[PDB]
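Simply put, chain letters go A, B, ... down the sequence lines. Numbers in chain A come straight from the PDB entry, and the residues shown are 1-212, in order. Chain B residue numbers are taken from the PDB entry; in order, the displayed residues are 2-11. Chain C residue numbers are taken from the PDB entry; in order, the displayed residues are 1-219. Note that these values count all heavy atoms, side chains included, but never hydrogens, waters or copies made by symmetry.
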Amino acid sequence: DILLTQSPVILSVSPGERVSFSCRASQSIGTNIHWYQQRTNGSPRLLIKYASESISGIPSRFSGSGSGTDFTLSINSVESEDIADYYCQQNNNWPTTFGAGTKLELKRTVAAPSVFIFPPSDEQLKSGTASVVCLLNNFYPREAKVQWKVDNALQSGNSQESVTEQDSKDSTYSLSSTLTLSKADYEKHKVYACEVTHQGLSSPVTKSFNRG
Amino acid sequence: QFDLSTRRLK
Amino acid sequence: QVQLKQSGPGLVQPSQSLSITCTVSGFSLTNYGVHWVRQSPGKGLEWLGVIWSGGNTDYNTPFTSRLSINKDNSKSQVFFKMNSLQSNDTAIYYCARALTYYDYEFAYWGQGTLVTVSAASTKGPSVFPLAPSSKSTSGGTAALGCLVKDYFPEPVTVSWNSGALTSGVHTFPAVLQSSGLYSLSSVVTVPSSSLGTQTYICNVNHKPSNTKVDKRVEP
């Protein structure tokens, strides 16, 4: 089987910049290479066939070149909608094989998160569990710190974070930190606090509530 | 590494 | 137009078998081959096989003994079946069609089918509101959401107001809890002045358990 090596694994660029993805083959494959885009939650989308040939419905900014073992996909001026993974495919040798892919990330200006907090619903409390959700909305860059405190007691290990993929429109990220307790522990305490640290904030933002 | 939840490299 | 629509996601026990149906439209199976590709964390995109116009099949070498593809031309259906699955066979399975009948440049893909291989049991989620308030409000904008908790396996689909609300929506990737069950939240920001006039509903659909819940979210 032909091994296709895509390098680097991650590309980070600013809008309007030209960008190139590389695909190297373990032996000559002529111009038998196709390129694909995969967006968040998407199926692969065909961009270029046979190294350089265009595809109906694909923006002109996408092109491809190369022959033999060294191939290049190019976007002449990156947009935010280009945030995706890119894969190469050879079909000179059976079976057709794919590269491991390159991730395309966009830079943008620092944006502080909007911070919101949600107490557990009475509904969930009936089930005997309490989730407190802290939301960090539309921020950049991705790095952030979320610290939970219950009645001035620092929480550790009892929360889980999730971060969205980069927004294809504004290039931001959003994050949820969920603190989980039993109903009993939740009822034994008053003050629930989510403290947020981020590069876009000149001081930590604390969002909190008193149970009741 | 490919993530089945998001269909994106992580 | 040309479309490939696969059967929904689900759970399959280890050592058992996997079956996916690909229903096509906008072209005839008698004129095009249908290919099967998968995408796994371990090996990324792998070409699995193909059933051609005339019924001939090709299978990638490592799968020749545990893979069968069949079809009903009149029904425009292609059937993918794979035996003795292990946990690393957990992957997204795609059916696909090339530009020309004989080629392999895949211009048309099905939506994919997330197949989880695990000994565990299918469990539907509970849906709880993330109610908007003064503590989720800033500058005329309120945030609200739904907590989709304790389901297995992935995935769940979440929409808002039956698809009519898409702007400002963030559905977070599921996280696996120590219980071995998944949980996620879906949020959306709206003008706070619409809270007294507009209804907000998260439509949650966990296909592997055939569980559909519509959760109204109020301040």
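The name given to the drug at chains A and C is cetuximab. In this structure the chain with most contacts to cetuximab (chains A and C) is the one the PDB entry names meditope. The binding site of cetuximab (chains A and C) (heavy atoms under 4.5 Å) is made of B:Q2, B:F3, B:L5, B:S6, B:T7, B:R8, B:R9, B:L10.
Name recorded for chain C in the entry: cetuximab Fab heavy chain.
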